Colleague: 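Attached: Glucoamylase I with acarbose bound.
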Amino acid sequence: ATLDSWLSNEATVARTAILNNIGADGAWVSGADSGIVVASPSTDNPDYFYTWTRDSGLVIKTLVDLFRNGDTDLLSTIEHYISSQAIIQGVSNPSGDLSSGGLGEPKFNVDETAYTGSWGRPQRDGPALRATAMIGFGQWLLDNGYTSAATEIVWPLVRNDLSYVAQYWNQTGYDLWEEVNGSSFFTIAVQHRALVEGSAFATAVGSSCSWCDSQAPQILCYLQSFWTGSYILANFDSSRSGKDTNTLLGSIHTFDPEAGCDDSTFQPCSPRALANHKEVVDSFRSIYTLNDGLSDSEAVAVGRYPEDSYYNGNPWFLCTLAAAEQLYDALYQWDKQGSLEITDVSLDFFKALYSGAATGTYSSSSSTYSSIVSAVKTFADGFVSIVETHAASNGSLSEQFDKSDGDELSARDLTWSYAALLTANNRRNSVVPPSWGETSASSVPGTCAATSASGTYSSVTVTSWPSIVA
Ligand SMILES: *[C@@H]1O[C@H](CO)[C@@H](O[C@@H]2O[C@H](CO)[C@@H](O[C@@H]3O[C@H](CO[C@H]4O[C@H](CO)[C@@H](O)[C@H](O[C@H]5O[C@H](CO)[C@@H](O)[C@H](O)[C@@H]5O)[C@@H]4O)[C@@H](O)[C@H](O[C@H]4O[C@H](CO)[C@@H](O)[C@H](O)[C@@H]4O[C@H]4O[C@H](CO)[C@@H](O)[C@H](O)[C@@H]4O[C@H]4O[C@H](CO)[C@@H](O)[C@H](O)[C@@H]4O)[C@@H]3O)[C@H](O)[C@H]2NC(C)=O)[C@H](O)[C@H]1NC(C)=O
Ligand SMILES: *[C@@H]1O[C@H](CO)[C@@H](O[C@@H]2O[C@H](CO)[C@@H](O[C@@H]3O[C@H](CO)[C@@H](O)[C@H](O[C@H]4O[C@H](CO)[C@@H](O)[C@H](O)[C@@H]4O[C@H]4O[C@H](CO)[C@@H](O)[C@H](O)[C@@H]4O)[C@@H]3O)[C@H](O)[C@H]2NC(C)=O)[C@H](O)[C@H]1NC(C)=O
Ligand SMILES: C[C@H]1O[C@H](O[C@H]2[C@H](O)[C@@H](O)[C@@H](O[C@H]3[C@H](O)[C@@H](O)[C@H](O)O[C@@H]3CO)O[C@@H]2CO)[C@H](O)[C@@H](O)[C@@H]1N[C@H]1C=C(CO)[C@@H](O)[C@H](O)[C@H]1O
Ligand SMILES: *[C@H]1O[C@H](CO)[C@@H](O)[C@H](O)[C@@H]1O
Ligand SMILES: *[C@H]1O[C@H](CO)[C@@H](O)[C@H](O)[C@@H]1O
Ligand SMILES: *[C@H]1O[C@H](CO)[C@@H](O)[C@H](O)[C@@H]1O
Ligand SMILES: *[C@H]1O[C@H](CO)[C@@H](O)[C@H](O)[C@@H]1O
Ligand SMILES: *[C@H]1O[C@H](CO)[C@@H](O)[C@H](O)[C@@H]1O
Ligand SMILES: *[C@H]1O[C@H](CO)[C@@H](O)[C@H](O)[C@@H]1O
Ligand SMILES: *[C@H]1O[C@H](CO)[C@@H](O)[C@H](O)[C@@H]1O
Ligand SMILES: *[C@H]1O[C@H](CO)[C@@H](O)[C@H](O)[C@@H]1O
Ligand SMILES: *[C@H]1O[C@H](CO)[C@@H](O)[C@H](O)[C@@H]1O
Ligand SMILES: *[C@H]1O[C@H](CO)[C@@H](O)[C@H](O)[C@@H]1O
């Protein structure tokens with residue numbers, strides 16, 4: 001009713017707002033070079049007029065998926081991004097050069113110059129995210145007969161990022177929130193994915209990624225350590241509880257539509273990800289006045305972590321959208337499978353929504369199933385309603401919304417907020433991303449080793465783009 005139509009409208013707004021934030025024709029970011037995704041046009045309090053590898057990677061992957069689904073007009077935006085990355089990779093910065101750690105640098109100026117002040121650096125998710133976004137585009141180029149562009153432009157760029165991940169995964173750094181110096185689930189999860197799809201891509205182009213192959217299994221091995229028995233620990237080397245939407249993000253950004261409810265990869269429907277889901281969301285129920293009065297079977301406004309004090313610690317549009325997207329993903333998986341399972345690990349999650357929940361296997365034709373799935377859908381939609389309630393009248397999505405009154409705060413028109421909107425809508429409509437090979441990369445080795453593999457680095461120069469038609 002309100003929701004479906006609001007989403008339809010918001011999706012259009014979200015696409016437009018992202019384009020306005022990408023150089024060099026982006027309406028909100030004059031000064032940004034060609035293909036530079038700006039986090040936000042906000043240049044003062046806060047100053048987000050920079051380009052983050054993470055934000056850009058996430059945004060572009062989203063645009064790539066839209067493109068592959070028929071949004072052909074996004075072609076030049078993607079080409080520009082790729083071209084810009086060829087340059088950025090080579091920018092000498094506080095984290096190093098191309099071959100000596102440069103790839104890990106969190107953000108840059110919109111003009112493609114290094115940001116030299118103090119920052120929580122490096123952030124090792126970046127390279128993984130940029131690689132995943134490029135690989136998707138690379139796959140389309142292969143499928144549509146533009147092998148050369150894939151082999152000579154995309155591969156070489158990806159190869160740099162894959163080498164970095166394989167080389168430093170087992171080293172500390174900052175989390176996606178840029179505040180904890182340690183080992184972060186989100187980072188580890190996206191790094192394992194990148195290596196697996198990086199390897200398949202390498203083969204597709206007639207090359208190889210030996211370092212992708214030796215390291216992926218080891219990253220996976222390590223990933224298991226994040227399960228505490230009741231939830232996913234966001235970070236090692238932290239004094240916090242460990243409950244963080246970092247873990248929801250890790251799950252949705254590594255969702256493979258071909259995968260079952262695999263615990264080893266923390267898929268959306270896995271018992272571990274469902275138990276984690278409740279523990280995370282529940283942590284925001286009594287700390288935000290905006291959540292006052294809601295029951296345990298009701299959607300709530302979700303922040304980053306319960307201990308957050310950034311701008312006082314408020315819910316985030318993207319964190320709230322992620323809580324819904326994980327559910328949309330699990331619905332798709334159960335439906336595709338033709339059953340859902342309730343285990344001791346995930347009982348609390350189900351029991352909060354369907355009080356008659358009991359462990360066992362429920363086929364898609366069973367009454368229990370119908371009852372659970374409707375309840376899950378209503379819950380998932382509830383998170384999206386909170387978003388709709390607090391968005392600006394014209395559809396503007398901010399970074400945060402006030403924990404007490406829901407007013408928008410922090411960076412305005414946050415590009416990441418817009419991409420999160422698109423992906424949650426997509427999943428809601430059963431529009432899923434291409435598979436990354438999870439079905440051949442969920443086996444955990446019997447012994448985890450603290451290791452690395454060094455790949456190879458080489459500077460890429462993009463002379464010209466072939467005249468691609470879509
Ligand atoms: C839905 O409607 C919304 C409501 O109208 C609409 O949002 C509005 O969009 C306009 C842009 O179209 C915004 O205008 C900008 O305002 C800047 C000042 O903002 C502060 O003051 C406002 C007035 O009191 C506040 O309302 C505003 O609050 C918002 O932002 C807060 C912080 O993020 C947030 O917490 C609040 O909740 C609220 O959301 C804020 O406090 C003003 O500075 C800016 O001017 C620049 O941009 C113009 C062009 O876009 C230029 O002509 C102008 O000269 C300035 O250019 C400089 O900055 C640009 C980047 O933004 C650069 O591209 C330029 O190159 C240039 O940069 C120079 O300076 C930099 C210094 O740091 C430097 O880094 C550069 O290198 C360079 O040297 C513009 O006027 C307005 O703020 C929005 N209002 C609200 C309430 O959000 C929204 O877009 C609509 N949505 C949709 C989907 O349509
Ligand atoms: C490089 O790779 C190696 C190999 O994979 C990594 O080594 C593994 O590291 C993990 C994490 O330290 C380690 O797991 C610990 O094992 C201990 C016993 O075997 C546990 O006592 C410890 O418990 C913590 O995590 C649990 C979840 O697994 C929680 O239930 C528990 O509450 C503990 O969590 C608290 O304490 C930790 C302290 O570690 C703190 O940081 C948290 O924030 C939280 O407060 C772990 O389970 C494996 O045993 C190691 N494996 C091997 C073979 O040595 C190495 O960590 C990698 N390094 C980097 C930088 O990436
Ligand atoms: C944008 C970012 O802002 C906050 O963190 C910043 C500090 O504001 C900044 O001053 C700097 O802090 C270092 C400090 O200057 C130095 O004196 C001290 O030694 O070390 C500090 C490093 O810990 O850098 C940090 C970032 O490292 C918030 O705490 C961050 O959560 C916030 N990140 C946002 C913004 C973006 C852009 O969209 C997202 O990529 C990110 O996920 C999100 O959390
Ligand atoms: C993930 O992949 C492993 C192999 O790596 C399978 O054994 C598992 O069933 C799942 O498909
Ligand atoms: C499943 O496959 C992994 C490699 O992907 C092995 O390390 C594991 O022991 C199991 O055979
Ligand atoms: C880390 O450890 C593995 C095996 O223990 C090695 O093969 C690798 O070269 C690195 O030293
Ligand atoms: C990654 O780090 C390992 C340490 O285990 C080295 O052996 C390897 O050569 C690469 O530097
Ligand atoms: C890791 O080490 C290799 C050598 O095995 C280098 O080629 C690479 O650039 C990185 O330093
Ligand atoms: C590592 O490998 C690449 C690809 O073979 C080389 O181009 C690079 O110079 C380094 O030797
Ligand atoms: C390493 O590889 C890149 C990508 O092909 C080249 O541009 C560079 O000349 C070196 O051979
Ligand atoms: C690869 O790196 C070189 C510098 O090492 C740059 O000149 C080139 O633009 C590309 O980024
Ligand atoms: C791409 O190729 C040029 C040579 O045409 C280099 O100068 C650049 O650093 C990158 O390797
Ligand atoms: C266009 O031209 C430059 C100069 O030969 C190359 O380095 C680049 O890889 C592309 O082929």
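Numbering of residues begins at 1 and proceeds along the displayed sequence. Values below: every heavy atom of this structure, side chains too, minus hydrogens, waters and symmetry copies. Each ligand, and each atom within it, is numbered from 1 in the order the structure gives.
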Colleague: What parts of this PDB structure belong to acarbose?
Modeller: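 The answer, copies included, is ligand 3.
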Colleague: Taking only heavy atoms of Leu176 into account, list the atoms of acarbose (ligand 3) that are under 4.0 Å away from them.
Modeller: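 Per the distance check, 41 (C), 42 (O).
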Colleague: Quick one: which UniProt active-site residue in chain A is closest to acarbose (ligand 3), and how far is it by heavy atoms, to 1 Å?
Modeller: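 Measured on heavy atoms, the closest UniProt active-site residue is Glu178, 3 Å.
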Colleague: Taking only heavy atoms of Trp416 into account, list the atoms of acarbose (ligand 3) that are under 4.0 Å away from them.
Modeller: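 Going through acarbose (ligand 3) atom by atom, the ones under 4.0 Å from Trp416 are 42 (O).
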Colleague: Which of these, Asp175, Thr53, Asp55, has its nearest heavy atom closest to atom 38 (O) of acarbose (ligand 3)?
Modeller: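 Looking at heavy atoms only, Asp55 sits closest to atom 38 (O) of acarbose (ligand 3).
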Colleague: Going by the PDB entry, what is the biological origin of chain A?
Modeller: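 The PDB entry says Aspergillus awamori.
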Colleague: Could you list the atoms of acarbose (ligand 3) found under 4.0 angstrom from a heavy atom of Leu414?
Modeller: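 Those atoms are 38 (O).
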Colleague: Considering only heavy atoms, which of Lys107, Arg121, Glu178, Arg304 lies nearest to atom 44 (O) of acarbose (ligand 3)?
Modeller: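 When every heavy atom of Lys107, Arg121, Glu178, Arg304 is considered, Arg304 comes closest to atom 44 (O) of acarbose (ligand 3).
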Colleague: Using a strict cut-off of 4.0 Å, indicate which atoms of acarbose (ligand 3) neighbour a heavy atom of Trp177.
Modeller: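 Matching atoms, with element in brackets: 30 (C), 31 (O), 33 (N), 42 (O), 44 (O).
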Colleague: Which UniProt substrate-binding residues in chain A pass a heavy-atom distance cut-off of 4.0 Å to acarbose (ligand 3)?
Modeller: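 By heavy atom, within 4.0 Å of acarbose (ligand 3), the UniProt hits are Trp119.
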Colleague: Only heavy atoms of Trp316, strictly under 4.0 Å: list the atoms of acarbose (ligand 3) that pass.
Modeller: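 Going through acarbose (ligand 3) atom by atom, the ones under 4.0 Å from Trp316 are 43 (C), 44 (O).
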Colleague: Return yes when at least one protein heavy atom is under 4.0 Å from atom 27 (O) of acarbose (ligand 3), and no when none is.
Modeller: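 Flag for atom 27 (O) of acarbose (ligand 3) set to true, protein heavy atom closer than 4.0 Å.
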Colleague: Pick whichever of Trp119, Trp52, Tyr48 has a heavy atom sitting closest to atom 24 (O) of acarbose (ligand 3).
Modeller: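 Looking at heavy atoms only, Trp119 sits closest to atom 24 (O) of acarbose (ligand 3).
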Colleague: Counting each atom of acarbose (ligand 3) from 1 as listed, which ones have a heavy atom of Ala39 under 4.0 Å away?
Modeller: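 Checking each atom against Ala39, I get 38 (O).
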Colleague: Any protein heavy atom at under 4.0 Å, with atom 33 (N) of acarbose (ligand 3) as the reference point?
Modeller: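 There is a protein heavy atom less than 4.0 Å from atom 33 (N) of acarbose (ligand 3).
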Colleague: Which nucleotides or residues of neighbouring chains are within 4.0 Å of acarbose (ligand 3) (non-hydrogen atoms)?
Modeller: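 By heavy-atom distance, those residues are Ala39, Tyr48, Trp52, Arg54, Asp55, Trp119, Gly120, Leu176, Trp177, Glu178, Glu179, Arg304, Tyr310, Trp316, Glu399, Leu414, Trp416.
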